[PDB]
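Complex: GC376 (bound form) / 3C-like proteinase nsp5.
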Number of protein chains: 2
Amino acid sequence: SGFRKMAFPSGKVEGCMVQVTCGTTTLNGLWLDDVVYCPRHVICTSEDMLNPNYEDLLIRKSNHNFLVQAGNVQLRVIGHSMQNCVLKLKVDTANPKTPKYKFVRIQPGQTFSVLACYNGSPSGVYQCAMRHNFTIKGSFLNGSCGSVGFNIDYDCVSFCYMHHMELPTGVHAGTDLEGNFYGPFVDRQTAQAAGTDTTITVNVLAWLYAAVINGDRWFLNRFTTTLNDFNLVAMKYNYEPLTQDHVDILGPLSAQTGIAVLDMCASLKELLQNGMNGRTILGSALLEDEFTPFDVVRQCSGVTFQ
Amino acid sequence: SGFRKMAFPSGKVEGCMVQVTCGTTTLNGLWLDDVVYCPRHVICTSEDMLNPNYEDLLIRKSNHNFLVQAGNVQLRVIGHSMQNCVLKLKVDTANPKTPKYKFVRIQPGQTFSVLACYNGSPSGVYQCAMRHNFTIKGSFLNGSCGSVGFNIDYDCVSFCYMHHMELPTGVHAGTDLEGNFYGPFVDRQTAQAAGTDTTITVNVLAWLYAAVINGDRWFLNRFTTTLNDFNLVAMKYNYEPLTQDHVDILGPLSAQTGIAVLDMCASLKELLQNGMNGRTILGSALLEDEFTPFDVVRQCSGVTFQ
Ligand SMILES: *[C@H](O)[C@H](C[C@@H]1CCNC1=O)NC(=O)[C@H](CC(C)C)NC(=O)OCc1ccccc1
Ligand SMILES: *[C@H](O)[C@H](C[C@@H]1CCNC1=O)NC(=O)[C@H](CC(C)C)NC(=O)OCc1ccccc1
């Protein structure tokens, strides 16, 4: 028993991280087969960051201007192209450590592990969620761009995120591996607004099920509710409206615990309206929303990877 | 910016995990050079767990009774011995993936990454602290024993923990890699008492410095205090007494932030006496104590590993 914010094992991704330097700017790239993916802002100078014309900037760049380093070994760049906000640097050597992989664009509420890197070397690994305002709450310093977010299913790495920037609120924004930003964000140094940060209701519910499984049950109350009645309380607390799909997704945890989804909704309503009265649930003094139903089953049933 | 419970990258340790089976019991072993380390309870049956005589049980065991599997490949066991609560299974093949490593016995308040494994395969990675009562707050199911806790300094893996058991309180106990338990715990299925769980004061202070660095400053107040005056308030809230060594350890964060350690103590005193009034510090609604001063500098300055 016990419940922790658990990241995927990072080894398969560690073997894909390289360093990409263009002039004075150094960041991280992802080396899959004979291609290195990195943020296109690698080509920017301190001047260029306010309002870069990425097309004009890139024209002044040839293959030999991209220094690509795997450990202490230099890769030879034989091609380069821009896809949305990422560069694809074609190298003459296939990564011998390429795992089975997919590029996936994930949905708000879904979670992933981040391998934070500097100069193509791993610093650390942590779990994040794509929030409803298409931000993540990460830990990123200068040089961290090109750090990736991923899931593992068995032996397959699903890359969903590449790090590009930090907003005024101290939260983080980036792209899928096709270089399309999550949310309305653009890769230029201008004040950009994350909108309302709504709580991922289905994920809070998942986590209350995790708590019940681990013997933390104080908050189970005597009431039930309806989707429409629960959602009136959700709107007030900036919670995502609960839908029958969410109820269906919680079906296995509901069936495992014998606690009906709408009875757990009723418990959640009283926690939102009454607070926690100085108590904790799974060692937490607020309602956690960065565990999916899948994450809870995965953690509470010991699912493993290659 | 931003601050997360960050684990070390796990790849170097992933390549050391094997599966160890003795009769019907399967758990994880650590394969370093030509030696596999695992919990000695691998030799127990369901009967044996209440009051095992480990010496008598082991006598009925030969090399060929220990099935050691690295992925889908069988290792040949050419020797076996008990060291305290671990078995060392000598194999005829040196692990080709052995990293540079040390066995360290860590001190309460120190933190480490756990690679939770089942059947010798990684499930996930998370950060833990050795608590003052020599327990950890992990996530462990049946089959997780032999999972290890570690730190990385550059290219060297320092193994500090091997998982053996869960107490009534839902917290976790285990050994160093010499097989000596942290705390008074023994490897038998009997109600065992973790004592008072004191908060790691120096670690709370470290985390308040992390908060100030990341722009969360609401809790900085107008007061200072003395070690003796602070510690009177610590004892009441079951906080570890603060010492000049702790003050010295916080010296770099104090010097970086220009907030004197005893002024931060005064801020901590008011948080303990007044609570947080429904506010958060670095997204947390309680005082976090599983970040060391080193962890804070490491995270806030981007220290990387091989
Ligand atoms: C990529 O290495 C870098 C990551 C930033 C640096 C601080 N925290 C992060 O997440 N990205 C940028 O510097 C980005 C570049 C533009 C061309 C998009 N600009 C940015 O994020 O501006 C905010 C900022 C910069 C430096 C320190 C703190 C915030
Ligand atoms: C090692 O695989 C296993 C880990 C336990 C299982 C549940 N959570 C854990 O951390 N250790 C044991 O089963 C241990 C064996 C003795 C010979 C020391 N006994 C134990 O931890 O008893 C408590 C327990 C067992 C099963 C489920 C929940 C609690």
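Each chain gets a letter, A, B and so on, in the order the sequences are listed, and its residues count up from 1. Atoms within each ligand, like the ligands themselves, are counted from 1 in listed order.
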- Query: Which other chains show a non-hydrogen atom at a distance under 4.0 Å from GC376 (bound form, ligand 2)?
  - Reply: B
- Pick, from B/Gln192, B/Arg40, B/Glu166, the option with the minimum heavy-atom distance to atom 21 (O) of GC376 (bound form, ligand 2). B/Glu166
- Taking UniProt's active-site residues in chain B, which lies closest to GC376 (bound form, ligand 2) and at what least non-hydrogen distance (to 1 Å)? B/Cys145, 2 Å
- Can you list the GC376 (bound form, ligand 2) atoms lying under 4.0 Å from a non-hydrogen atom of B/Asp187? 17 (C), 18 (C)
- Query: Is there a protein heavy atom less than 4.0 Å away from atom 24 (C) of GC376 (bound form, ligand 2)?
  - Reply: no
- Query: Just which atoms of GC376 (bound form, ligand 2) are under 4.0 Å from any heavy atom in B/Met49?
  - Reply: 17 (C)
- So which heavy atom in the protein is nearest atom 10 (O) of GC376 (bound form, ligand 2), and how far is it from that ligand atom? B/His163 NE2, 2.8 Å
- Does this PDB entry show a covalent bond joining GC376 (bound form, ligand 2) to the macromolecule, and to which residue and atom? B/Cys145 SG
- Query: Against heavy atoms of B/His164, which atoms of GC376 (bound form, ligand 2) measure under 4.0 Å?
  - Reply: 1 (C), 3 (C), 11 (N), 12 (C), 14 (C)
- Can you list the GC376 (bound form, ligand 2) atoms lying under 4.0 Å from a non-hydrogen atom of B/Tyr54? 17 (C)
- Message: Could you tell me, atom by atom, which parts of GC376 (bound form, ligand 2) come under 4.0 Å of a heavy atom of B/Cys145?
- Response: 1 (C), 2 (O), 3 (C), 4 (C), 11 (N)
- Message: Please check whether B/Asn142 reaches GC376 (bound form, ligand 2) - meaning an N/O of the residue sits under 3.5 Å from an N/O of the ligand, judged on distance alone.
- Response: no
- Message: Under a 4.0 angstrom heavy-atom cut-off, which atoms of GC376 (bound form, ligand 2) come close to B/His172?
- Response: 10 (O)
- Take every heavy atom of B/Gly143, measure it against each atom of GC376 (bound form, ligand 2), and state whether any distance is under 4.0 Å. yes
- Message: Quick check on contacts: which atoms of GC376 (bound form, ligand 2) are under 4.0 angstrom from a heavy atom of B/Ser144?
- Response: 2 (O)
- Item | Entry-listed organism of chain B | Severe acute respiratory syndrome coronavirus 2
- Nearest-neighbour protein heavy atom for atom 19 (N) of GC376 (bound form, ligand 2), which is reported as residue plus atom name and distance: B/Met165 CB, 4.3 Å
- Which atoms of GC376 (bound form, ligand 2) sit under 4.0 Å from any heavy atom of B/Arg188? 18 (C)
- Message: Quick one: most residues of chain B near GC376 (bound form, ligand 2) sit in which UniProt domain?
- Response: Peptidase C30
- Item | Binding site of GC376 (bound form, ligand 2), heavy atoms under 4.0 Å | B/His41, B/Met49, B/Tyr54, B/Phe140, B/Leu141, B/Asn142, B/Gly143, B/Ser144, B/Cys145, B/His163, B/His164, B/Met165, B/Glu166, B/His172, B/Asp187, B/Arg188
